[PDB]
Amino acid sequence: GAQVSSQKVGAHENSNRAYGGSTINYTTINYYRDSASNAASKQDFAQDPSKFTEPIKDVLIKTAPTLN
Amino acid sequence: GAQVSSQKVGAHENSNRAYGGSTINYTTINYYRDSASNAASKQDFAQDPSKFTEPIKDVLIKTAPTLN
Amino acid sequence: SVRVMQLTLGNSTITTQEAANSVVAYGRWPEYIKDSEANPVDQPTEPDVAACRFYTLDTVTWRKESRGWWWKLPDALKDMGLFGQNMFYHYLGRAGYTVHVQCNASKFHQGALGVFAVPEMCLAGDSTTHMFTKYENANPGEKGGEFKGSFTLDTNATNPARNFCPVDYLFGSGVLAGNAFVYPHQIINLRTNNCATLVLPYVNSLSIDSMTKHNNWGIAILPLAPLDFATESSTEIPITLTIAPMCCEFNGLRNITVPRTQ
Amino acid sequence: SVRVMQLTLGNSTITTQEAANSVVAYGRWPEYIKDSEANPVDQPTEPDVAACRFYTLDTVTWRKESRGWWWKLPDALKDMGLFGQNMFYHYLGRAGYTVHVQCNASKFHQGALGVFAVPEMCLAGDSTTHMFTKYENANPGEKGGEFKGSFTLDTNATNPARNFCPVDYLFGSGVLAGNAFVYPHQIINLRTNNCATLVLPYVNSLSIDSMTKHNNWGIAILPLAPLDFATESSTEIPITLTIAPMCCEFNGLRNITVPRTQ
Amino acid sequence: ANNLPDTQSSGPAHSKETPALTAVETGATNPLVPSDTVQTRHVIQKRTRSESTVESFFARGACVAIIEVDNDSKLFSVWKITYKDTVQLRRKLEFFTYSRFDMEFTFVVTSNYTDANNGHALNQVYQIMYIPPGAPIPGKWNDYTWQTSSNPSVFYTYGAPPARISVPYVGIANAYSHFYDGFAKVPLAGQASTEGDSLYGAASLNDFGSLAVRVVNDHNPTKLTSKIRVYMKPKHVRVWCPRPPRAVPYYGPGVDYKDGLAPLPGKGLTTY
Amino acid sequence: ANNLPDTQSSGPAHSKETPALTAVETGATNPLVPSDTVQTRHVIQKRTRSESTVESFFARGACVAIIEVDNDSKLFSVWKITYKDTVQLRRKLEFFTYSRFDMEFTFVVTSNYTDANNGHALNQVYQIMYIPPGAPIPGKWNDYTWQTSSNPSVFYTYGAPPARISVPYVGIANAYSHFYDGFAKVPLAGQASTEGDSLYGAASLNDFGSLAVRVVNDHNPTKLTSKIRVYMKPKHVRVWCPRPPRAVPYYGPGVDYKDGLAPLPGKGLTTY
Ligand SMILES: COc1ccc(OCc2ccc(COc3c(Cl)cccc3Cl)cc2)c(Cl)c1
Ligand SMILES: COc1ccc(OCc2ccc(COc3c(Cl)cccc3Cl)cc2)c(Cl)c1
């Protein structure tokens with residue numbers, strides 16, 4: 001039940017282990033039945049800001065005149 | 001996600017385990033997502049000192065006259 | 001074009017020749033409750049055309065000295081035809097809205113109105129007692145309320161007003177008004193448009209709620225650039241508000257609710 | 001449309017909402033010297049974005065009594081940032097230009113400005129001595145010069161002005177102004193447009209020349225229909241001139257040139 | 001939590017497309033990038049928004065309460081669960097109208113002798129009992145309620161690493177409401193003014209219950225005080241409807257204000 | 001971190017190749033080995049440079065600060081983060097101009113009664129809060145800043161193994177500069193001498209922020225002092241541009257000197 005993800009290496013050691021292998025991976029295993037007990041995975045996604053930045057009914061191009 | 005490397009055995013015990021097998025290997029597993037949390041692998045490489053010892057434009061042979 | 005539109009809901013139609021597009025809040029169009037998000041088990045009532053139509057609330061007048069106006073939904077529509085009837089006869093109710101604010105002037109007038117639709121628009125009170133505003137004052141109905149230029153604490157201990165004291169630059173809630181642009185909005189700049197149109201989906205942490213106890217949306221109108229004309233220190237232009245509920249569905253029918261007033 | 005544009009050069013952008021198209025002189029867009037037309041053999045410098053950008057020269061004011069204005073290129077840009085530096089550090093220089101003249105008013109104003117780009121715009125002097133205008137007077141820089149309504153001969157023999165005397169209807173050179181339309185131009189008629197935009201390629205009988213000794217283009221602005229407003233005998237509207245050099249390449253680098261002044 | 005787009009090189013322009021001009025009346029923000037208004041070079045973008053994700057923004061244990069017990073009714077204390085007793089976490093949560101997450105609670109317990117030269121006590125054990133709305137609240141530091149046959153309790157031994165427990169999403173709605181524009185009651189026509197009156201913006205009188213804390217050891221005449229600092233961290237976070245942040249000082253559980261109403265300093269219009 | 005080459009046997013020579021002669025004016029070092037100037041035997045080399053790798057050279061926890069707090073404003077202390085408060089680690093880092101690495105911080109905490117026969121206190125808990133440049137600095141040992149809703153804090157219980165945390169490469173440049181030949185400001189022509197003046201060799205006024213340390217327990221009239229010794233170890237190390245090491249005593253954060261300017265002893269030219 002182990003989950004193996006890879007790390008985003010910031011500072012690199014003068015090793016090939018700093019660039020590949022299990023040496024740039026980390027392992028995770030959940031010990032509790034309730035999902036609330038789990039830690040945060042932090043592999044979180046993003047989205048389009050459009051719902052806030054452009055909640056416009058008739059879609060407009062920046063090059064084209066906004067007021068038409 | 002375990003990384004298995006071999007050790008450089010210095011003092012040898014009167015065992016065959018001191019010369020082979022998993023007995024001369026060591027195991028590693030990263031527990032943290034951030035690479036900063038990792039220990040140092042210490043399997044570090046070397047390089048050519050030439051950039052410091054001979055930062056000369058026109059490469060010269062030691063047997064041959066330096067001033068030509 | 002971006003400027004000419006026609007909105008038809010039920011037996012009511014609205015036309016405009018100077019629009020600046022329309023905003024659909026959070027990019028969500030109003031919808032009915034899906035079976036996977038349903039909660040009350042009884043068969044809902046959906047008045048449809050009888051409730052989902054354009055209702056014109058009272059016209060307010062904009063002057064150089066105006067600070068702003070506010071309304072609460074569904075509150076402002078509680079006395080509107082069959083929408084109000086269904087609201088009071090049912091324990092639970094849900095609806096989206098099409099808010100159409102109207103304000104025309106001339107080519108020699110200036111001014112800009114910021115029209116904001118705020119989910120859970122909680123306003124600040126007038127006393128040192130927290131959350132002291134009483135039901136009757138929090139729910140003015142179609143006449144709504146107004147913003148003030150400053151905070152004035154009610155000190156009458158014998159007869160506390162128990163009312164709101166929404167200061168304009170503090171957006172009536174302790175936040176800076178310039179940041180209110182994070183909420184769905186449009187601007188009625190007199191040199192550009194006649195109106196502002198916002199389509200609001202139902203927003204809440206539940207699929208359906210009590211319309212009498214809870215107001216889902218708040219409409220705030222603030223003069224971003226004050227009204228000015230030619231040389232007439234004296235200038236007044238009306239601001240009419242027309243709102244149409246959408247996808248109305250009610251649950252929990254019983255005897256009619258008659259709330260306490262004034 | 002023919003009326004809305006945006007020009008971007010380097011770190012500068014110009015927008016207009018009331019254009020009347022743009023003119024590309026002689027249908028030629030500026031370009032660099034080709035190897036088949038090259039003359040100086042040394043490697044050229046091409047500042048690119050540092051020199052090829054929009055520089056705004058001083059704003060002049062148009063009144064009912066104005067006769068006209070004129071500028072010389074590259075002269076008017078000699079003190080403009082890194083363009084001027086490269087001009088003075090090199091023996092030879094070449095450049096094209098994008099001239100953008102700006103002039104907005106209102107719907108109750110009238111007037112028309114003729115904007116002409118003239119190759120080898122030689123102007124008439126003020127004395128009986130031929131070709132007597134001195135270098136300092138012929139090269140006013142960014143402030144340019146003005147047209148006059150009549151010719152007035154300089155008679156001070158002790159201290160001759162040695163200046164130009166450009167009469168407006170004679171186009172400052174002994175030709176009738178109405179025929180100046182044979183030169184690339186645009187008209188800023190207040191009831192139609194805000195500006196005039198002209199793209200000028202490098203014009204000369206050589207591929208490259210001395211920018212300090214020789215002015216390739218001349219910009220002449222004449223009121224074709226005088227400025228008039230409502231009933232205000234008093235009316236002033238500014239005319240701003242923004243020019244951007246294009247495809248600049250210089251040859252013959254040495255110590256900097258410091259020309260004599262005033 | 002990802003990458004940002006590269007900057008593409010952009011040259012000069014002379015066209016009828018004008019991205020610089022717009023009309024903010026529509027309610028939209030102009031999506032311009034540098035190359036729209038200036039000449040740009042190609043830049044390979046390596047910066048990411050990994051730390052500004054909704055999760056990383058809240059992934060910190062914030063203090064929400066400091067419960068105090070004097071082991072010489074103060075032999076036990078009760079804290080009504082809330083996030084509004086402190087200001088820092090509260091302000092961050094209020095950037096949004098609704099939220100849904102799990103909670104991690106860490107308890108830092110400290111104690112000391114009030115007297116510099118008097119008294120002595122053996123190591124203390126604390127009991128932190130959660131009393132869900134409805135359960136009997138302790139009247140004495142040692143009454144029957146502390147049997148916890150159903151209420152969750154945490155027994156902490158002084159000196160041990162801070163205690164820590166996780167709580168699931170416990171709301172009775174599909175999300176937690178940071179703002180509730182309404183009342184729990186509707187006053188009906190005809191009833192006395194005392195009737196149907198409730199607080200504005202309040203839901204249940206007892207939303208999440210409270211914590212009852214006590215020292216389990218028999219109290220000695222020695223003067224001792226203990227403090228339990230409660231730290232809470234939202235994990236597995238989802239938030240809805242952004243709102244402008246609090247600009248003036250908080251004045252209670254509501255959006256009420258009173259004091260620091262002039263937050264901005266003076267600065268000349270033409271002063272850099 | 002590897003092997004050294006074997007010595008090959010070398011016999012006598014009588015040739016026109018003269019590796020012994022050179023010209024150091026070129027800026028190069030003569031790469032001779034023993035067999036170039038003497039007769040050598042074959043030696044199979046087994047020694048390696050495993051311990052002199054850049055990583056192994058720095059792989060040690062060095063003391064960079066000793067923060068002191070007196071639990072009877074001294075109830076809390078603030079330490080501006082730096083590696084120049086001590087000399088040993090600083091001198092090693094300065095063998096290079098630039099560096100890039102992660103950091104491991106270990107905190108050794110000690111405390112004691114000032115009085116041999118007076119006072120008593122229960123076990124202490126410490127809070128080590130990191131205040132990034134910009135965050136509010138504590139004014140009192142117990143003001144709102146200690147809520148740490150966003151700042152990283154470490155709560156240490158006295159007597160527990162030393163606390164330890166890791167920090168990533170946090171520089172705003174692509175590498176840390178051990179030397180900065182410049183200023184943060186350029187004085188412009190015309191401005192008052194008070195204007196545009198800044199320290200030579202200084203970048204930001206607040207590079208990495210600081211640490212705020214305090215004892216969380218309520219202070220007792222007893223006289224107590226605690227000291228937090230901060231140990232830092234660079235891990236995942238990369239360094240650029242070697243420099244000669246510091247020969248004379250340090251005199252501040254800069255390369256300034258004043259006192260021990262005559263480091264070398266006397267020795268006869270012809271004395272072994
Ligand atoms: C929108 O932001 C929110 C929403 C809900 C919150 O509190 C809900 C809540 C409900 C129950 C418990 C009970 O948790 C505990 C238990 Cl079982 C055992 C021991 C100790 C605790 Cl501590 C704790 C918090 C908070 Cl603090 C912020
Ligand atoms: C070239 O050599 C260098 C470069 C940078 C350095 O310091 C950078 C630095 C930045 C932030 C922190 C903050 O670290 C901490 C945190 Cl998050 C939490 C708790 C405690 C600490 Cl301690 C610590 C050090 C040092 Cl000491 C030497």
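Order of the sequence lines fixes the chain letters, A, B, ..., with proteins taken first and strands second; residue numbering starts at 1 for each chain. Note that ligands are numbered from 1 as they come in the structure, with each ligand's atoms numbered from 1 the same way. Lab note: partial entry displayed, contacts enumerated inside displayed portion only. Scope of the values below: all heavy atoms of this structure, side chains included, with no hydrogens, waters or symmetry mates.
- As for ligand 1, the drug there is SCH 48973.
- In the deposited model, most contacts to SCH 48973 (ligand 1) involve the chain that UniProt calls Capsid protein VP1.
- Other chains whose heavy atoms approach SCH 48973 (ligand 1) within less than 4.0 Å: E.
- Around SCH 48973 (ligand 1), within 4.0 Å by heavy-atom distance, are found E:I81, E:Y83, E:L93, E:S99, E:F101, E:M103, E:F105, E:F107, E:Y130, E:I165, E:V167, E:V170, E:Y176, E:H178, E:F208, E:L211.
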